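Reverse transcriptase/ribonuclease H in complex with rilpivirine.
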Amino acid sequence: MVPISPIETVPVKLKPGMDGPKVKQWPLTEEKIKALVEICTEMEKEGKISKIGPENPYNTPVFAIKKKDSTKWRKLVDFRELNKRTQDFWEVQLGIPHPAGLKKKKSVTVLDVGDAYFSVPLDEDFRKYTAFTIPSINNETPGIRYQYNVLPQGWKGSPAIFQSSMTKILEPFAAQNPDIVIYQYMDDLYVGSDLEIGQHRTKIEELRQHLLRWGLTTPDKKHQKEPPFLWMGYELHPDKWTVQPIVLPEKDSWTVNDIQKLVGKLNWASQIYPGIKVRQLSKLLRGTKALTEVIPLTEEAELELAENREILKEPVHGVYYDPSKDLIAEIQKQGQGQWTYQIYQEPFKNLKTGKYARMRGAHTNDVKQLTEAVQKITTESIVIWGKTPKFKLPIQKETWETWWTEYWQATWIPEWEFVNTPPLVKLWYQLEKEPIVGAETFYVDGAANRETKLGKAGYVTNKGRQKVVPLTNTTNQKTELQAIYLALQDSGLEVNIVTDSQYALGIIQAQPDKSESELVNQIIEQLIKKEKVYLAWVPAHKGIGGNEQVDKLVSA
Amino acid sequence: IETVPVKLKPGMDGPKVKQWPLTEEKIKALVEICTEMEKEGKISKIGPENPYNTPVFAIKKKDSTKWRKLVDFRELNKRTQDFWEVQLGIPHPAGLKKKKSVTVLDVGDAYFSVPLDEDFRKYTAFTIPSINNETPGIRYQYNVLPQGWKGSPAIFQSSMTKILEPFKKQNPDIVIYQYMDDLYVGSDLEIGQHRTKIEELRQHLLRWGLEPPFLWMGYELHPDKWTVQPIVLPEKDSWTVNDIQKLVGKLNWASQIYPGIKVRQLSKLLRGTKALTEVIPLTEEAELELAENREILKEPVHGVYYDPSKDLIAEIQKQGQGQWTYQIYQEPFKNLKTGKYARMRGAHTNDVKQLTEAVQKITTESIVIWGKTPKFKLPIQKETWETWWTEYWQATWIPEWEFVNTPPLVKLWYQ
Ligand SMILES: Cc1cc(/C=C/C#N)cc(C)c1Nc1ccnc(Nc2ccc(C#N)cc2)n1
Ligand SMILES: NCCc1c(F)cccc1Cl
Ligand SMILES: [Mg+2]
């Protein structure tokens with residue numbers, strides 16, 4: 001015999017303070033019992049399990065499943081209780097590769113390493129916790145007791161320990177063969193390269209010879225699976241990738257659950273199909289979660305759905321990553337808080353696409369949304385390619401400079417260039433830094449009784465212009481905004497406005513161009529029509545005339 | 001050489017913090033660094049039975065071209081036991097902030113000569129990620145005292161004080177303070193003399209060591225010249241309506257800090273609905289109130305005291321044109337230090353780089369004065385900060401921070 005290297009075993013412990021499982025074995029038909037006895041005898045001959053004596057106090061349920069449309073049973077061990085008591089492990093499956101980060105490969109060969117899984121030894125001190133019992137015929141004898149010597153299917157630690165054991169085995173081969181890539185998934189090894197088909201198959205034979213150093217055999221009859229690969233919802237081809245078919249059903253009425261599934265398919269498709277939109281369909285899911293409730297589709301959701309159907313008419317593919325070339329990310333505004341982007345290295349050959357949506361919030365503007373989209377693309381790009389793409393953005397360089405130099409927050413976007421593709425992101429208004437000479441000065445104020453919800457809003461100016469408006473079903477904050485609105489509505493193209501509302505300035509200093517408050521929206525509409533606006537804040541109830549006169553008018 | 005027993009706090013597991021995305025250049029640098037560290041026995045590969053993790057990245061120290069590995073031990077530091085066994089603590093030297101020159105040295109390499117308790121090593125696990133997660137992340141744990149862990153200076157404290165004993169009694173007027181991986185050594189001599197006694201220090205750790213990659217660099221401070229900011233009011237010959245409104249607004253704010261501030265005579269001047277740019281003559285009564293407010297503002301704030309049992313809070317305001325204001329306090333309106341920066345270097349076009357450098361200099365000032373880092377209130381969106389701050393970081397510690405999303409009105413008053 002050829003000596004084989006043992007696979008080093010991982011020490012496994014139970015969770016602190018916890019003991020092994022002690023679960024009752026379910027009664028099984030005479031039929032299933034003999035089926036388990038034969039399987040376990042076979043497994044015991046192969047070394048996977050061992051019969052144990054009666055003092056081991058632990059037990060885990062064993063079952064026999066009728067493999068559908070066959071007379072053959074097969075054995076499943078219910079490890080749910082032991083898994084609850086087993087320690088946590090490091091899972092390196094958390095992050096999956098994105099296809100757009102992969103490299104083109106001339107050949108990818110698949111190797112089956114399934115019979116290497118039940119050859120990974122289980123830590124001797126932990127084996128006692130995997131004990132199980134085959135029930136006896138008629139319960140007239142003790143059941144046959146076994147425990148595992150190898151990683152059991154269904155146990156919490158088996159995937160991580162198997163992956164880590166294979167990685168350690170494969171490490172010296174990969175390191176000393178840098179002209180190939182190896183990726184493990186389920187019971188298969190995928191080996192890709194750019195080598196001449198003869199050299200490539202020589203590397204495959206050398207990998208088989210390497211794996212035999214631990215006794216791991218690979219089927220010599222080549223693996224069924226060949227490119228293209230169906231993998232994690234994608235199709236991988238040697239020189240291109242796409243998502244698996246995206247079929248939007250024809251339905252005459254739509255369910256909560258249907259719209260959830262529709263949005264999920266659209267979200268999946270948006271990583272290579274440019275311009276996918278989901279805002280109006282997502283608005284139908286607001287707040288509700290009775291999965292069977294029917295929702296009438298708005299006309300705006302019907303149009304967005306129709307637009308998506310056209311985008312999904314025919315297949316679109318992405319290309320793979322060329323590390324010798326820069327990445328370019330281009331972004332377009334779509335409306336209603338929606339943004340779409342493409343990432344490419346040569347023109348018209350996208351590596352991937354994607355979208356961004358306005359965050360939940362009372363007030364917003366296009367520049368902030370574009371900034372957030374840039375940071376989301378930057379982060380995703382670091383994950384997938386390890387570098388920031390260069391950006392093509394629909395905002396003029398002068399617009400950006402004006403924004404960030406004057407914005408109260410620190411803000412930054414990396415190396416970028418203006419692309420003139422409407423609609424352009426622009427600044428709709430900018431307030432003055434100093435009071436305006438020759439412009440009328442409006443001293444505004446508003447107040448409301450919090451019991452009555454009755455209020456007043458108004459202004460008094462240096463030219464003696466005055467207005468007070470009575471208001472119903474209002475609040476202090478609403479009347480303070482109404483007073484500013486009135487001053488904007490009744491002034492000329494240049495205006496100085498004096499207010500004591502910390503609330504209103506908090507909003508205006510955030511520079512919104514769109515709001516969920518129709519009152520803020522009306523103020524924005526007025527600001528856009530002005531040439532110059534200076535907004536001055538003063539503290540309330542100090543005796544500041546102008547504000548002291550009209551405060552008395554509005555709080556009466 | 002024999003390990004100090006270390007444990008976490010009661011009812012507290014190890015850190016499980018996700019590794020954040022790293023650039024190609026960073027991963028490469030870390031792979032090269034960790035391969036060396038593994039050969040030197042400083043770290044070991046670990047298996048999947050270790051579920052813990054702490055983020056790692058890589059930086060450039062100030063004025064150097066070699067990558068330094070930086071582990072973000074912030075969570076492990078919170079979870080690690082407090083170290084009062086031999087000493088309740090190192091009573092912070094109040095004389096350090098009074099020296100003419102304080103040089104900061106990276107002595108963290110010396111920590112690698114002391115083994116780490118074998119039962120605690122698993123809690124120092126970290127991962128070198130791969131681009132696009134195409135290969136499993138490389139998992140290590142420390143076998144020696146790690147840089148950036150709060151227990152390393154505590155466990156090394158006994159060895160350090162013996163290392164420095166000959167330098168200490170030959171130079172008794174020198175203040176030497178250790179915070180994390182940094183050694184602060186303050187003196188009152190001429191900078192040429194100062195730099196020479198710094199290099200004399202370096203020799204002592206050279207000698208004991210037999211090489212430290214970043215021991216030779218020095219970041220020089222001058223805490224004697226550190227500037228503060230009292231509240232000052234404008235001196236004008238003609239006051240417009242707008243000028244007086246801003247004055248009354250600033251005095252209203254200041255009256256939260258100084259009780260005796262009054263604004264009623266000045267507010268009476270605004271009685272009327274005049275144009276914002278119209279000049280208003282001050283009444284005698286208003287000028288007296290203004291003069292009395294000026295005198296009040298020349299005095300220290302009442303009831304200001306430092307409590308070592310409470311957090312330090314640091315707030316920062318962006319003032320435009322590359323200038324930034326900040327305040328350090330424990331209770332509102334009881335500022336322990338205020339200041340203003342404008343010299344932020346190599347960033348006239350990058351707001352976030354300027355802010356990152358401000359955070360580092362405020363933290364340094366905090367360490368010199370009180371021996372601990374403040375918790376920051378940052379005027380920035382979380383996603384912008386988290387994407388970029390690691391690109392400009394060059395300190396070996398990391399403070400904690402939260403984010404301000406509502407614009408402060410007080411910005412106007414600290415300008
Ligand atoms: C992540 C991954 C999944 C599969 C496969 C999973 C499955 N099923 C196969 C391999 C080899 C890899 N690993 C890598 C690493 C770098 N580049 C590539 N490029 C690449 C992969 C497949 C095809 C094809 N056809 C073309 C190029 N693959
Ligand atoms: N000049 C084409 C590449 C490029 C860049 F160098 C900087 C910003 C944007 C873009 Cl697309
Ligand atoms: Mg009022």
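So that the names make sense, note that chain A is the first sequence line, chain B the second, and so on, each numbered from 1. Remember, it's 1-based here, ligands and their atoms both numbered in the order they're listed.
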ask   = Which ligands or chains belong to rilpivirine?
value = ligand 1
ask   = Around rilpivirine (ligand 1), which other chains have a heavy atom under 4.0 Å away?
value = A, B
request  = Provide the binding site of rilpivirine (ligand 1) at 4.0 Å, counting non-hydrogen atoms only.
outcome  = A:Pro97, A:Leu102, A:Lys103, A:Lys105, A:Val108, A:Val181, A:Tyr183, A:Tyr190, A:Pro227, A:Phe229, A:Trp231, A:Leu236, A:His237, A:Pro238, A:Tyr320, B:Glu134
message = Just to confirm my output: which protein heavy-atom neighbour is closest to atom 14 (C) of rilpivirine (ligand 1), and how far is it?
response = A:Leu102 CD2, 3.8 Å
query = Under 3.5 Å, N or O to N or O, is A:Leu236 touching rilpivirine (ligand 1) that way?
reply = yes
inquiry  = Among all protein heavy atoms in this structure, tell me which lies nearest to atom 17 (N) of rilpivirine (ligand 1), with the distance rounded to 0.1 Å.
reply    = A:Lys103 N, 3.3 Å
query = Can you find an N or O of A:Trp231 that's nearer than 3.5 Å to an N or O of rilpivirine (ligand 1)?
reply = no
inquiry  = I'd love to know what the PDB entry names chain B.
reply    = p51 RT
query = What residue and atom, if any, carries a covalent bond to rilpivirine (ligand 1) in this entry?
reply = none
query = Do any N/O atoms on B:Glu134 end up under 3.5 angstrom from N/O atoms on rilpivirine (ligand 1)?
reply = no
message = Okay, next: other ligands or ions under 4.0 Å from rilpivirine (ligand 1)?
response = none
ask   = Among protein heavy atoms, which lies nearest atom 4 (C) of rilpivirine (ligand 1), and at what distance?
value = A:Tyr183 CD2, 3.7 Å
